[PDB]
Colleague: 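Structure with avibactam (bound form), see below.
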Amino acid sequence: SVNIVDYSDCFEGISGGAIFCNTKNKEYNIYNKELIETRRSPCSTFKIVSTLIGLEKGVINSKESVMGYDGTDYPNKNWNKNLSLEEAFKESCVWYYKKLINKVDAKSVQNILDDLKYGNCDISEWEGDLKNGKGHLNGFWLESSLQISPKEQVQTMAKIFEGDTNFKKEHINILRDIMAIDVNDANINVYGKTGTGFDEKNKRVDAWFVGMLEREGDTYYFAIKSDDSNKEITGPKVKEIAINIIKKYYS
Ligand SMILES: *C(=O)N1C[C@H](NOS(=O)(=O)O)CC[C@H]1C(N)=O
């Protein structure tokens, strides 16, 4: 049941698209089909998968797990501490997740992405987009070789959270816990992660909010994506749009 829908009023003039999928009744709701099928860098939404990779390989073990902060100075106050998994996920702490993933061999990551059908599964540029000058604050998931479409994001979220992967249930529940967000509506449970990048080649943002919604027995897996040319459009802004869509059409 694939419905093409018009969520444009919630996008308040920003270029983008949305896809919501309920796998129980296979009701696919799509705004801007062309964009929803286009692969792009996942940016910080990759933290959903890298958290699971780290748990499966034992690099981390719980919401409390630390990565051994070494005292390096960062402009974000909250990166300058021995933060837990839960805090690094919510702060999108790049050094924590870079150190995590660099403890994992490339073959293991390749095979996990292949199993998840995670877009092009292209980790060939492991170091990331070094031409931006940011050095070790870079990786294959940040405007680099790995690309995934919004529709594929939803398919991956569904496989993970419906229990259809080999990841341990314990590890899925840790991810659920740390992705939960507060939308000031107790009648829906929303979970997700933002991502922000700028596509230098095409001069457009990659601004993401990916996650799931639970509303009384029904679950929707969703991905909201902007490709606007305005650099002010970030992941957090697209999360605002996503929340407005959820409150208008999914309450
Ligand atoms: C992930 O996309 N990133 C890490 C960090 N958080 O992004 S978020 O607020 O959209 O979740 C900063 C932006 C980006 C990056 N430049 O690495």
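Counting begins at 1 with the first residue of the sequence. For the numbers below, each heavy atom of this structure counts, side chains included, while hydrogens, waters and symmetry mates do not. Remember, it's 1-based here, ligands and their atoms both numbered in the order they're listed. How was it done? The header gives X-ray crystallography, 1.7 Å.
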Colleague: Name the main binding partner of avibactam (bound form, ligand 1) here according to the PDB entry.
Modeller: Beta-lactamase
Colleague: Covalent bond partner of avibactam (bound form, ligand 1): which residue and atom, or none?
Modeller: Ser44 OG
Colleague: Quick one: does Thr234 get within less than 4.0 Å of avibactam (bound form, ligand 1), heavy atoms only?
Modeller: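 In this structure, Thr234 fails to qualify as a contact of avibactam (bound form, ligand 1) - no heavy atom is under 4.0 Å.
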Colleague: Which organism is on record in the entry as the source of chain A?
Modeller: Clostridioides difficile
Colleague: Do any nitrogen or oxygen atoms of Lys47 lie less than 3.5 angstrom from nitrogen or oxygen atoms of avibactam (bound form, ligand 1)?
Modeller: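 No; the residue has no nitrogen or oxygen that sits under 3.5 Å from a nitrogen or oxygen of the ligand.
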Colleague: When you measure from atom 3 (N) of avibactam (bound form, ligand 1) to each heavy atom in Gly197, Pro42, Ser44, which option holds the nearest one?
Modeller: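 It is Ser44 that holds the nearest heavy atom.
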Colleague: Strictly inside 4.0 angstrom of atom 12 (C) of avibactam (bound form, ligand 1), do you find any protein heavy atom?
Modeller: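 No, no protein heavy atom sits under 4.0 Å from atom 12 (C) of avibactam (bound form, ligand 1).
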Colleague: So which heavy atom in the protein is nearest atom 16 (N) of avibactam (bound form, ligand 1), and how far is it from that ligand atom?
Modeller: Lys134 NZ, 3.9 Å
Colleague: Just curious, which residues make up the binding site of avibactam (bound form, ligand 1) with non-hydrogen atoms under 4.0 Å?
Modeller: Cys43, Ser44, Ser92, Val94, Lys134, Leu142, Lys193, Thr194, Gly195, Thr196, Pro236
